[PDB]
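Notes on a structure featuring ouabain.
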Amino acid sequence: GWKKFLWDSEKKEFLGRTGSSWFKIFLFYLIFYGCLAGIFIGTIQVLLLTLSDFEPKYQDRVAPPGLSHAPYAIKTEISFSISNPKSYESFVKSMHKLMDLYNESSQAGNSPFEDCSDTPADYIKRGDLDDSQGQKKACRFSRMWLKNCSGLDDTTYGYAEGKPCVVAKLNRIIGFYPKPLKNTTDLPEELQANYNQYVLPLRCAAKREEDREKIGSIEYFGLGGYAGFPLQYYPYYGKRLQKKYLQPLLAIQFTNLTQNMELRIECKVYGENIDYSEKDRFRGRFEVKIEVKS
Amino acid sequence: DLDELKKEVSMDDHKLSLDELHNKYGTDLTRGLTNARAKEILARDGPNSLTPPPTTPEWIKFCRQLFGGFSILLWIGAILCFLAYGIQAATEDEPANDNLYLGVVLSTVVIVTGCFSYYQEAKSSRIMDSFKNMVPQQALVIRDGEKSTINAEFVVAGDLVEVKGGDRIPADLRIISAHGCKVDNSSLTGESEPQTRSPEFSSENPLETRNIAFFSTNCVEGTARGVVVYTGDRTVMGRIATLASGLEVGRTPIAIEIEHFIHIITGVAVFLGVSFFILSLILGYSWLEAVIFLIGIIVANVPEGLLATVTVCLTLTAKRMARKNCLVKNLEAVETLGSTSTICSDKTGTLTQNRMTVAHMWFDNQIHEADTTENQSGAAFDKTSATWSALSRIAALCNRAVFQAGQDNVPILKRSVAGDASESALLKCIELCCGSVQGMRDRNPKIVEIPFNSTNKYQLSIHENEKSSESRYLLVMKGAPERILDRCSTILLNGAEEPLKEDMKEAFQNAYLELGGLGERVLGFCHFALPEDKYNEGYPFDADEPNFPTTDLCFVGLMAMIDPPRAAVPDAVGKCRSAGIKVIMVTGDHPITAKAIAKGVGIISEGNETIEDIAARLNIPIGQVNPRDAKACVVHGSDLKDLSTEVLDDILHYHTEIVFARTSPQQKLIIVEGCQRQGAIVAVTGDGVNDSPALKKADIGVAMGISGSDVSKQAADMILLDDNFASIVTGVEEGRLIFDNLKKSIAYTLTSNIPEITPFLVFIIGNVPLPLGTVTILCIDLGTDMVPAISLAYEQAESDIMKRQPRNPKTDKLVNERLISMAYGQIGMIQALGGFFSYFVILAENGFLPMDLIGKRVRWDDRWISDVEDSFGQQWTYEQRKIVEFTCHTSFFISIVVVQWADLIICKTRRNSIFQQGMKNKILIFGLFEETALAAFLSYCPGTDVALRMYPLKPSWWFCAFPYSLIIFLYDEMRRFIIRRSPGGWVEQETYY
Amino acid sequence: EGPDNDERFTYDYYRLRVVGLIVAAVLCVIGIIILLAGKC
Ligand SMILES: *[C@@H]1O[C@H](CO[C@@H]2O[C@@H](C)[C@@H](O)[C@@H](O)[C@@H]2O)[C@@H](O[C@@H]2O[C@H](CO)[C@@H](O[C@@H]3O[C@H](CO[C@H]4O[C@H](CO)[C@@H](O)[C@H](O)[C@@H]4O)[C@@H](O)[C@H](O[C@H]4O[C@H](CO)[C@@H](O)[C@H](O)[C@@H]4O)[C@@H]3O)[C@H](O)[C@H]2NC(C)=O)[C@H](O)[C@H]1NC(C)=O
Ligand SMILES: CCCCCCCC/C=C\CCCCCCCC(=O)OC[C@H](COP(=O)(O)OCC[N+](C)(C)C)OC(=O)CCCCCCC/C=C\CCCCCCCC
Ligand SMILES: CCCCCCCC/C=C\CCCCCCCC(=O)OC[C@H](COP(=O)(O)OCC[N+](C)(C)C)OC(=O)CCCCCCC/C=C\CCCCCCCC
Ligand SMILES: CCCCCCCC/C=C\CCCCCCCC(=O)OC[C@H](COP(=O)(O)OCC[N+](C)(C)C)OC(=O)CCCCCCC/C=C\CCCCCCCC
Ligand SMILES: CCCCCCCC/C=C\CCCCCCCC(=O)OC[C@H](COP(=O)(O)OCC[N+](C)(C)C)OC(=O)CCCCCCC/C=C\CCCCCCCC
Ligand SMILES: CCCCCCCC/C=C\CCCCCCCC(=O)OC[C@H](COP(=O)(O)OCC[N+](C)(C)C)OC(=O)CCCCCCC/C=C\CCCCCCCC
Ligand SMILES: CCCCCCCC/C=C\CCCCCCCC(=O)OC[C@H](COP(=O)(O)OCC[N+](C)(C)C)OC(=O)CCCCCCC/C=C\CCCCCCCC
Ligand SMILES: CCCCCCCC/C=C\CCCCCCCC(=O)OC[C@H](COP(=O)(O)OCC[N+](C)(C)C)OC(=O)CCCCCCC/C=C\CCCCCCCC
Ligand SMILES: C[C@@H]1O[C@@H](O[C@H]2C[C@@H](O)[C@]3(CO)[C@H]4[C@H](O)C[C@]5(C)[C@@H](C6=CC(=O)OC6)CC[C@]5(O)[C@@H]4CC[C@]3(O)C2)[C@H](O)[C@H](O)[C@H]1O
Ligand SMILES: *[C@@H]1O[C@H](CO)[C@@H](O[C@@H]2O[C@H](CO)[C@@H](O)[C@H](O)[C@H]2NC(C)=O)[C@H](O)[C@H]1NC(C)=O
Ligand SMILES: CC(C)CCC[C@@H](C)[C@H]1CC[C@H]2[C@@H]3CC=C4C[C@@H](O)CC[C@]4(C)[C@H]3CC[C@]12C
Ligand SMILES: CC(C)CCC[C@@H](C)[C@H]1CC[C@H]2[C@@H]3CC=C4C[C@@H](O)CC[C@]4(C)[C@H]3CC[C@]12C
Ligand SMILES: CC(C)CCC[C@@H](C)[C@H]1CC[C@H]2[C@@H]3CC=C4C[C@@H](O)CC[C@]4(C)[C@H]3CC[C@]12C
Ligand SMILES: CC(C)CCC[C@@H](C)[C@H]1CC[C@H]2[C@@H]3CC=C4C[C@@H](O)CC[C@]4(C)[C@H]3CC[C@]12C
Ligand SMILES: [Mg+2]
Ligand code: NA
Ligand code: NA
């Protein structure tokens, strides 16, 4: 058994068959699998021919935009010591990676960048989603706009003396027009002051009623000095039709932060085409657990 | 419990005297034992009652069903799942509970299967318990000189015991004085006729001598006395029962097939696991992850639903058998019949009816045949001549037996008749075709009679003549044909009378040898009309002197009789021989009768010849002829005792029609073992206790239900509650049908294994988002798939199954490489490709093109990256991409169902085409409809994306697997075509399961 | 179209589920019919 079914010397068989048999079986499987691969490739090519290069057919799973930030938190927590420098390195590295894309050297010339209103403005339509006109043009977003969190003055961005920053960003969606709430009698408390129609407001607060007192002064930095996103940087025409496109950003400095205590800060954007979800904690809003232990 | 001392042939002290016997055990031949001494022995050795069988608590057999071979594999799978969960828990945070769910599911599956199988075997046990009817019995013992009837459990060795016709022999007695006492040794020794028990010794074999009574035997007619020689378990049938209980069980063929199947499944599972373990280690992953990968692949390569499917398949074939009155105690004993290739049968009680019946009759120089079948389904014998009427009057009058009171309900043949067997058969035949014998007897008053003398060997009697015109006297005598022939001078031909010239005397001699050679017992009936002038109506013929003319009588005709076989015995034997099953007769009866029954049932085909037949046809000694020219052989037990192992092997290797006669139960067991030693499956069919050691050691035992013994009924595996022998043919047919169906169902349940493992393999090698989730694999293996696999059992035959030769056990297996090459190699591959196609389509329509999917798993899984760029530049949060992945799992599961449609259709038939067989299986159609409805329900029902994580699909996706399904159908259709046109070609020795 | 192109991000999953359930129910019924067609 063990030895025979492996190699016999009378029938000159190996594993069970002769030399020509293993060849017949190998050749059959090679032809079969080759036909299988060719058919699968053809059925995938017809698919590639069914889709368009300038627009995703289905855009319903990304209707309510998200709200991400610059620091990379493992559990949405920012904990670092003001003494040990090797504690907030993972944060600064990320922050830097994000801001490193807004360098002025990258934004230069007439193509493809265009100078836009230094003050919030309305939408701008560069035509349809076609290839007739060449590569569209995107508005320039300068670093310096973010005043104390830019890595140009204090590279660390704040983490050095107990005053961290948080650069918030709205998820890029093709053909999405942001719409803010109107001045009618129904509007949250916060939003009343500085109702620039052209600005999408972003406002952070405390998850629990207690934590309010322990949170100090939320100082927002943005385009024009407002705490929002200018509508002029929309809509997004997609990578193919707008490479070298920069999305607005909003800096948030959490000055006067209580020391040695976990603070839960929830940031939230307001608007018509914006809706939150009890399951996805990043849809429209976001949570951060800051703890500047020193 | 020394088995060798129980395997030996019975010994005894028969060859002794009455003085030596009384001097060895101690007992007064005329006064018996004393009460004090009787009780001293009763307490010294034990009551005369067999030991009860070894009981069995219900939790023990429930634990037995919870284990086995398949259930053990599922048990190790659950253990492995919990081990991997413990690891993931101690090594990382947020451990996915997938493994724990899979483990509790496997454990529940094993428990449910055990409960179902146990319930079925318990059902059979209850219906089996409703047959043991044990009424207490008391014997007649003589102590201190007085007769007393005491319980059978109080008889000891040495006391005197008296028996009377109608009672049962309590223990093993040594006859000391008998008065025409006959005994029925059919259950123990298998002797069809009543052997007379005489105080004298006659044969060296204790089973052949007449001075020994046996346990469980009944005294037909007469009275006798005897000293209890053997008592309790030490009796003959006690040692036989103890030997039967002290034998092993074995291991059915279906179990061995399941074992080899698990062997192949584990081989390919551990191979794919160790290989992808070395590969994962060669790509960088850590040890902690590689171990989980190995366990995941091994656990994934295990058919969980195949256990319930196989159990239901076997149960389905068992209920039909129970509908035709064929009950199986176990569950796997339903397939052994189909794999049998050598059936060892018993004669008395199994091949025959064990009841004497009038077979042939002689009258008007012509042999006439009578119907000897239980239900009386045959040909009449021309009841229109006067000769027959005279014969009916002779037999109905010169007979002292009468039906037992209160039988007005049972049929004419199954009623109880008090008297000898010959007189009973005659009475039954007359009551069958001549109306009520009670009126035929009261119509003619019997005046003077005369019993059966040992000298006269004839029974005569005179009665009045019912003729209202003739007041003469009728005389009727019956006896041996030679004695009666020497007392006649006339012959009743067609009614008239004629002389007894040598012409009819020679025709009577040829008729005597014709009925005698048939193995039957023939008698002669004659009568005479006494002249009323020499013997008036008032003269009394006292039985003292010669008042009747012994000679010058009128012979009417001979009457033969023999025990006939059961109705469907010849047809069933022929059907078994047609299927290539070797029929070998094994019985402890006389060879002269065994050979005749063998030729009458088909064991010894007409035309074949034995060495003695050739020596008789040539008129030369037997030592000259060559034994190779004889196809059939009759092996005597006495000669079997002195035969080596090689001789028995040669006997079975050179003779096709073998008949073992005068074989003891131990020899029956030796024959069964001699048949197994070669390599063929054996099925033993019996009824008495002598078959118990043969039914146990055989691969499958078939015991009779009505005419069977309790010991052989408890030691057998299949019971024939109706005593119909055709059930054997039905069983051998079902055993094959369910085998080809098991093959089809196994290939069906194994084809899906590939499109359930390939996604994870491409997930680890290509780093793409997980294609097939775990709750979808569970919804497939334990959901939809169950109904179709169960339906595959209801498939009818393709060709004649009762025509092909028995399957070879050493070459034709149940799961060969030809199946693995199809399920794992060709169909499963196409199904996996279809699933991946639907996958890529779903991800391409939402924004993730195939070029950007390779290399995303690291960020696609990360829970803290809320900005994943797609092929178009959009940013997707974690939960949004997870929702898309879940929708891909739902569509993958639906694609699996779509390809399973064509897989179930190509699995319906193994060789034939669909346009030939036909879609007449309604269960399969219902399976397809339900399989689709369940998938639609699991996807569209609200609250499923929360409980099971399955999102709704868009009507355009459901059509991504259709081309693959039709292609599968076309490929298998052309496959099952070259096999038909080209028999024996490459496609057959490569893809023909 | 233009600014108010909100429909470009909506899908009537409700109606889809309703139809899919009606169809599933019908298939189940037909199945039962075929199964019992013969025992009456
Ligand atoms: C986008 O801009 C980034 C910053 O640009 C600078 O500021 C703007 C406003 C302009 O003035 C521009 O001209 C400036 O360069 C730019 O990143 C910068 O890249 C340079 C070149 O590598 C870096 O200089 C090097 O600094 C290291 C030490 O860095 C310390 O500080 C940083 C934080 O700033 C920490 O991350 C480090 O760990 C250190 O703690 C020097 O060791 C290194 O030495 C090299 O040069 C000297 C001569 O000067 C040689 O003798 C040596 O052999 C070395 O070859 C450099 O001096 C600069 O640190 C870095 N800035 C930051 C904040 O990281 C970024 O690359 C731009 N990206 C794009 C895509 O345009
Ligand atoms: C990410 C990528 C995805 C990867 C997915 C992989 C999915 C895995 C799919 C299938 C698993 C294949 C594993 C091997 C299966 C072999 C089947 C097997 O072992 O069945 C057992 C048979 C026994 O059969 P029996 O009982 O009838 O025997 C009766 C003998 N009596 C009667 C004479 C005594 O034993 C035999 O067949 C003898 C054993 C023959 C073993 C052949 C080994 C070939 C394996 C690989 C070859 C690769 C070479 C590639 C290079 C080609 C050159 C270009
Ligand atoms: C692009 C899409 C690709 C899809 C690929 C997957 C396809 C798989 C699904 C369906 C395949 C259908 C194949 C059709 C085969 C028809 C064969 C046929 O018709 O052979 C005729 C037979 C032979 O008769 P005979 O001569 O032996 O009779 C003798 C009578 N005497 C004895 C009285 C003389 O006649 C008979 O079988 C008797 C009549 C039986 C009628 C059966 C009708 C039902 C057929 C299919 C059911 C639908 C399942 C749908 C599943 C989806 C659920 C949502
Ligand atoms: C011949 C014999 C024929 C017999 C045929 C029997 C067929 C039976 C047919 C239908 C009965 C199925 C069971 C019905 C279930 C009703 C569930 C239901 O109405 O849920 C409504 C609510 C959803 O509310 P919402 O939209 O506000 O949630 C928003 C949640 N947000 C916003 C957080 C995402 O539910 C919730 O909340 C919680 C959801 C609870 C999950 C229950 C689902 C059960 C899971 C597995 C069982 C399925 C096994 C398959 C059995 C097959 C049998 C053939
Ligand atoms: C004859 C034809 C039969 C057809 C039937 C199909 C057979 C099905 C075969 C296998 C499927 C059973 C697999 C059981 C899956 C359990 C899943 C489970 O336990 O998930 C746990 C989830 C937790 O999820 P999370 O961590 O995301 O929560 C995060 C919550 N945060 C974030 C808000 C805090 O809790 C929840 O979903 C809570 C809701 C609990 C839902 C339990 C549903 C149980 C479903 C089936 C069990 C009964 C089947 C018996 C029928 C057998 C048929 C032979
Ligand atoms: C998306 C999924 C797509 C799947 C598509 C699969 C398509 C591929 C189908 C077939 C390709 C395999 C062809 C292999 C040909 C080389 C095989 C070979 O070297 O064979 C040699 C033998 C001749 O040796 P011998 O027997 O004389 O020597 C006797 C030697 N001793 C004793 C060992 C028997 O060849 C023979 O016997 C002749 C046997 C030839 C095999 C015929 C099998 C045809 C099966 C399917 C074709 C139908 C496709 C329909 C698809 C419709 C799509 C819409
Ligand atoms: C012998 C075996 C017999 C087996 C019979 C099984 C019974 C089949 C049972 C039902 C099938 C009919 C289904 C009809 C359902 C239509 C419902 C409907 O209103 O659905 C509309 C969708 C379009 O969805 P949308 O995404 O565009 O809009 C979404 C817009 N929102 C989401 C905003 C609302 O359309 C769809 O689902 C398309 C529905 C699929 C179209 C049926 C295709 C039939 C394919 C082959 C059959 C050919 C037979 C040829 C006859 C030969 C005779 C010899
Ligand atoms: C012998 C003859 C036998 C004949 C038997 C016939 C049986 C009856 C046959 C059909 C009955 C049809 C019932 C139709 C029910 C429609 C319910 C429905 O359309 O609900 C949809 C909405 C949920 O929409 P959503 O906004 O959450 O979507 C998610 C949106 N996102 C995720 C984007 C945020 O419902 C809700 O809100 C409220 C839902 C309340 C719970 C309804 C329970 C329905 C569950 C099972 C019934 C279906 C059984 C059908 C038979 C199948 C047999 C296998
Ligand atoms: C590399 C690795 O990938 C992820 O984990 C992977 C390993 C492990 O976690 C599991 C969950 O236990 C595996 C499990 O092992 C084996 C399966 C039960 C298996 C079977 C189906 C079946 O029927 O029988 C067996 C097919 C895949 C499977 O269904 C799951 C799928 C989710 C996954 O999560 C995937 C995590 O992201 C992890 O953090 C990262 O390190
Ligand atoms: C920042 O928070 C500090 C408290 O941590 C505030 O200063 C305190 O003011 C109270 C009076 O209300 C004094 O009793 C404390 O001694 C002060 N503590 C310190 C450390 O100064 C301060 O007013 C806050 N400033 C802002 C801008 O929010
Ligand atoms: C009936 C079966 C066996 C035929 C299978 C044919 C296979 C081999 C054919 C079908 C479709 C074909 C592909 C379809 C599309 C493209 C893109 C084109 O820019 C180059 C050729 C290429 C890459 C083809 C290569 C060959 C291909 C995959
Ligand atoms: C006879 C055989 C070889 C024909 C095979 C035809 C193949 C190429 C057909 C059959 C089904 C088709 C797919 C089915 C479903 C969809 C989804 C739809 O929203 C876009 C088209 C797309 C992606 C199709 C592409 C082409 C396709 C795969
Ligand atoms: C994922 C891809 C690339 C793996 C492809 C694996 C292919 C080549 C494997 C899968 C199943 C395998 C076959 C399955 C069954 C048999 C029968 C056996 O008695 C000899 C090996 C043989 C003939 C195998 C040859 C190689 C084979 C066809
Ligand atoms: C006998 C064979 C060939 C018939 C094949 C029938 C197939 C095509 C049927 C069976 C079930 C059907 C699907 C079941 C469910 C739905 C959801 C519903 O809301 C729209 C129709 C849709 C999308 C169906 C499309 C057609 C479909 C896939
Ligand atoms: Mg018998
Ligand atoms: Na599996
Ligand atoms: Na047995």
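Chain letters correspond, in order, to the sequence lines: A, then B, then on. The PDB entry numbering applies to chain A: residues 12-305, in that order. So for chain B, numbering is the PDB entry's, and the shown residues are 31-1023, in order. Since chain C takes its numbers from the PDB entry, the residues it shows come out as 4-43. Values below: every heavy atom of this structure, side chains too, minus hydrogens, waters and symmetry copies. Looks like electron microscopy, 3.4 Å, at least that's what the header says. In listed order, ligands and their atoms are each counted from 1.
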Map ouabain onto the structure by ligand number or chain letter.
ligand 9
Supply the name from the PDB entry of whichever chain has more contacts with ouabain than any other.
Sodium/potassium-transporting ATPase subunit alpha
Provide the letters of the other chains having heavy-atom distances to ouabain under 4.0 Å.
B
Taking heavy atoms and a cut-off of 4.0 Å, what residues surround ouabain?
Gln118(B), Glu122(B), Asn129(B), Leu132(B), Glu319(B), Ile322(B), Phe323(B), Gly326(B), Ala330(B), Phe790(B), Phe793(B), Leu800(B), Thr804(B), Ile807(B), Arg887(B), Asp891(B)
